[PDB]
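Drug on board: lenvatinib.
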Amino acid sequence: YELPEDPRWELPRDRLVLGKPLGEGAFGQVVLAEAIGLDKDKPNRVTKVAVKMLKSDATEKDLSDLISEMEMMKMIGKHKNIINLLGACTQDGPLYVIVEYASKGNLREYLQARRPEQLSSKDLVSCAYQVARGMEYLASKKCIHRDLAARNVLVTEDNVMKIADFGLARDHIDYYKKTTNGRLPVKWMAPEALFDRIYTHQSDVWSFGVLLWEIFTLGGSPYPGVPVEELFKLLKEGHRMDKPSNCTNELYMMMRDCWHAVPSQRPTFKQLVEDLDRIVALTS
Ligand SMILES: COc1cc2nccc(Oc3ccc(NC(=O)NC4CC4)c(Cl)c3)c2cc1C(N)=O
């Protein structure tokens, strides 16, 4: 275990004041932290940051995984609407990967806590637009998410949506095994991805369809009370979820377009961004 230094991102450990943990192990031992002078221009400023690290009893393969994650972020590059890499502590101690902090939790929790401040109809659509922008970027950089969901969209102090866990490789996951927090991850998967193991930017758009439904149900659980075996039957039968209560016909049509049985007929993020752009413009 000897990691190579990268002076682009390298940060001294003495510049990193660690803090309370974040988000229930959902992202693999993350903590709140305070980085003293990330920006070498203003070196006397603290910045609130998130810091992922390896677990108490992590394996040699877990380290391999965490490095790939770090390098992935390096390559993909910066965008407002994704979790950006800020730095890392690689030398003379455990690996710390420092990323942008998102004060107001994930999107599911964010929406649930703000059920009836209010979110204007505009806020919700604005929020959906932002995720589409973030996904357009990732798509432009050949990056397939594979698990796009409100659970993996974080929200900042400034209410900016930041996509997380995009990329994060692996290779036949168990459909039946749940998120121990209380979630069945297969319900976001497109049929081609679910059945045939074929992940594409189109399969992500299917998931974005489900994410839209999540938004306009203020953190609603999709296919509630439907076990795995039943979900298979439903998707096979061409079943699609009902329109949310607070959700226009235009937006529901967008969901349905995202849930088009034929992958190539689904709209691209590029298109979704443009449509959402226009729709945000006309909303209270
Ligand atoms: C308070 O809520 C959170 C804020 C967070 N802010 C930043 C990063 C977080 O966690 C993450 C979330 C994701 C990643 N990693 C990636 O996004 N990696 C990308 C390349 C695959 C990392 Cl390091 C840390 C946060 C998690 C929570 C929370 N309640 O769970």
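All chain A residue numbers match the PDB entry; in order, they span 463-578, 593-647, 650-762. Counting starts at 1 for both ligands and their atoms, in listed order.
Here, the model contains lenvatinib as ligand 1. Contact analysis gives the chain with most pairs under 4.5 Å to lenvatinib as the one the PDB entry calls Fibroblast growth factor receptor 1. In this structure, the binding site of lenvatinib at 4.0 Å (heavy atoms) is formed by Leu484, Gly485, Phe489, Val492, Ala512, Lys514, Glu531, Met535, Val561, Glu562, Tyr563, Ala564, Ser565, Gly567, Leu630, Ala640, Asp641, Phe642.
Most residues of chain A touching lenvatinib map to the UniProt domain Protein kinase.
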